[PDB]
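Here's Retinoic acid receptor RXR-alpha with 9-cis-retinoic acid bound to it.
Just so it is clear: chains get the letters A, B, ... in the order the sequence lines come, proteins before strands, and each one is counted from 1. Remember, it's 1-based here, ligands and their atoms both numbered in the order they're listed. If you're wondering, the header gives X-ray crystallography, 3.5 Å. In what follows, every heavy atom counts, from backbone to side chain, and hydrogens, waters and symmetry copies are set aside.
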Amino acid sequence: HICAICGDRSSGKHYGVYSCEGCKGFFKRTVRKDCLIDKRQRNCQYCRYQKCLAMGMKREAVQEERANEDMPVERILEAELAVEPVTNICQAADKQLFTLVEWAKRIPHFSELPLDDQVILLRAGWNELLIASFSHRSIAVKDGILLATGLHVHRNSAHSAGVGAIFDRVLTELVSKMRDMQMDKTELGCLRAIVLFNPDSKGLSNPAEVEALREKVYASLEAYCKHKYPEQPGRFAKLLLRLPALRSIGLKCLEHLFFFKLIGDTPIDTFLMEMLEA
Amino acid sequence: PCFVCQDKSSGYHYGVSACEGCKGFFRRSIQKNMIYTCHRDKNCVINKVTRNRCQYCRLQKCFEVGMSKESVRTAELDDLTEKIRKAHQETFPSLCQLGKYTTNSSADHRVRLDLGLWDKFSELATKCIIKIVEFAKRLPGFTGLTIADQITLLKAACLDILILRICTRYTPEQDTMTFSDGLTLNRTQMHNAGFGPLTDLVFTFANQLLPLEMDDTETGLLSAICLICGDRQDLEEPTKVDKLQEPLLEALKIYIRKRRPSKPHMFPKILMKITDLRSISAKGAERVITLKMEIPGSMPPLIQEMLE
Amino acid sequence: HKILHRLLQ
Amino acid sequence: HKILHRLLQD
DNA sequence: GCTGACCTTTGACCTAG
DNA sequence: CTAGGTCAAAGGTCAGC
Ligand SMILES: CC1=C(/C=C/C(C)=C\C=C\C(C)=C\C(=O)O)C(C)(C)CCC1
Ligand SMILES: CC1=C(/C=C/C(C)=C\C=C\C(C)=C\C(=O)O)C(C)(C)CCC1
Ligand SMILES: [Zn+2]
Ligand SMILES: [Zn+2]
Ligand SMILES: [Zn+2]
Ligand SMILES: [Zn+2]
């Protein structure tokens with residue numbers, strides 16, 4: 001049981017002769033596209049090919065024909081670097097919203113998409129975007145969060161105005177999980193790129209391209225999890241699993257802001273006031 | 001002759017004269033619930049020299065000549081896959097195995113609530129919740145767990161299981177859903193039975209499940225993943241819940257891409273339907289407390305005990 | 001929560 | 001209004 | 001861009017009822 | 001005589017140099 005072409009190990013007969021996988025692929029590609037030979041030196045097309053034909057390989061046995069480069073993690077790396085009680089968090093939300101508008105223009109194909117499409121995609125999942133932002137920004141501190149204005153918010157002070165259950169939802173279902181699994185900035189920008197390219201948004205003009213960009217984000221993030229963490233088998237799936245909790249938190253989160261708006265007590269910045277008023 | 005590829009026959013297989021290659025192709029396709037995608041016009045003619053080229057064309061020609069789908073009768077991580085397939089198929093009969101029937105109670109245009117369909121729908125809901133806990137038991141390692149944490153996971157995922165299961169019973173041509181006893185309701189009767197504002201979105205979810213082409217195995221695994229989730233509040237042993245759900249995720253991926261070679265992007269989509277399921281069940285949970293006052297009697301025991 | 005307990009055990 | 005629309009305007 | 005180790009799919013042959 | 005099952009030998013992919 002030895003290759004009759006270069007003496008390599010063989011599992012069986014191919015094209016009529018005992019051979020290895022190297023001689024197999026070489027012969028197949030040579031037929032499709034039209035000197036001592038051992039495993040040490042099998043890589044002269046004559047000898048190699050001539051020895052394959054000499055040992056009895058049949059050309060008629062060949063049958064007929066049967067980190068990415070359009071959404072590379074390269075641009076997400078560049079993005080997260082490029083940009084990065086109740087009234088203070090609304091403050092930081094308004095400060096961050098400008099930088100979110102800026103963070104849109106750094107995703108490879110976000111600029112080429114249409115005029116309405118930009119505004120719809122951006123003000124459709126802005127709250128989940130910024131919630132992901134400071135949720136990933138709050139990995140260091142334990143039971144609190146860090147805003148975009150250097151403000152620490154936590155414990156009963158964060159729990160003071162009947163807004164502690166949602167704070168603990170963010171701390172338990174997002175912050176502590178991101179810390180426990182050590183999510184990279186790249187993976188963060190990929191998740192926020194998926195939240196960004198939401199094809200189920202209303203009034204979208206030709207949302208198929210949005211969903212396609214979301215496909216390329218899926219594939220590029222997945223291949224990135226293949227290269228960066230090959231030891232971790234389930235890295236892409238369980239980081240995707242973070243999005244359901246993000247939407248669930250963002251819902252009650254946004255409704256809190258809704259009642260807060262329609263009671264007129266909290267001074268809400270105008271740019272923030274827009275996204276709440278569709 | 002072979003009616004598919006014009007080759008030497010080996011007998012009448014699955015209803016027509018066929019060769020051994022097409023026989024094995026059809027058996028492998030039906031047994032493993034394969035999904036093929038053609039890279040051309042799906043016109044690719046199949047014969048003696050042009051075989052394969054496109055698997056969807058070959059299977060399509062098998063169904064055009066009249067092969068009977070009815071006649072048809074790594075491993076470490078696939079074991080639990082087959083186990084959950086058994087559990088979900090024995091705790092929820094699939095739509096194409098129910099002799100379904102209809103009713104005519106408030107079937108034209110919508111009303112606020114129909115008491116009778118709320119009654120029949122209530123006993124049906126209690127039944128399906130029982131079988132939901134039965135599906136939970138037969139999951140690998142769910143029994144050997146903290147009782148308070150099992151109650152936590154079931155309390156948190158019961159509505160998601162209900163919406164997913166009832167949305168795997170949808171008929172697009174009639175815009176109808178069918179329950180576990182054959183009771184088939186249209187959108188109007190679903191609204192009148194006690195769905196209300198949920199209806200429109202729930203049915204929406206149903207249509208969003210149609211392009212995914214999920215089978216019973218993928219639905220069972222997704223159900224288990226919604227059940228076994230380490231993000232539920234008030235968990236006493238959440239890390240072991242997450243560890244218990246990891247192999248379900250990996251097995252779901254291996255299975256999904258096992259049934260779809262040309263669509264290696266369906267695992268993130270089928271997994272991301274959970275993102276919508278969260279909001280749907282999140283509004284349904286309070287839809288129950290809106291149904292609290294509209295019923296003259298009271299809420300059935302298991303429904304209120306599992307939904308609050 | 002009687003139903004859950006009786007069902008589990 | 002068009003605050004975001006004008007923020008992406010330039 | 002070719003290479004080749006590693007995986008999946010096909011089909012001629014087989015056994016049972 | 002036709003199911004389902006088997007496994008050598010075709011096909012394919014895609015880091016790594
Ligand atoms: C979740 C959270 C709130 C919503 C914040 C929103 C909608 C965006 C935050 C942006 C920030 C604050 C970014 C940053 O830190 O860089 C509210 C007000 C409901 C109260 C509790 C904390
Ligand atoms: C429990 C129930 C509700 C939802 C049921 C859903 C979403 C599916 C039921 C599926 C059944 C009951 C299938 C079967 O018959 O097997 C809602 C939120 C309307 C509130 C009233 C009680
Ligand atoms: Zn060789
Ligand atoms: Zn030479
Ligand atoms: Zn044939
Ligand atoms: Zn084709």
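For 9-cis-retinoic acid, the full set of ligands or chains is ligand 1.
Using a 4.0 Å cut-off on heavy atoms, the other chains next to 9-cis-retinoic acid (ligand 1) are A. In the PDB entry, the organism given for chain A is Homo sapiens.
Among UniProt domains of chain A, the one with most residues near 9-cis-retinoic acid (ligand 1) is NR LBD.
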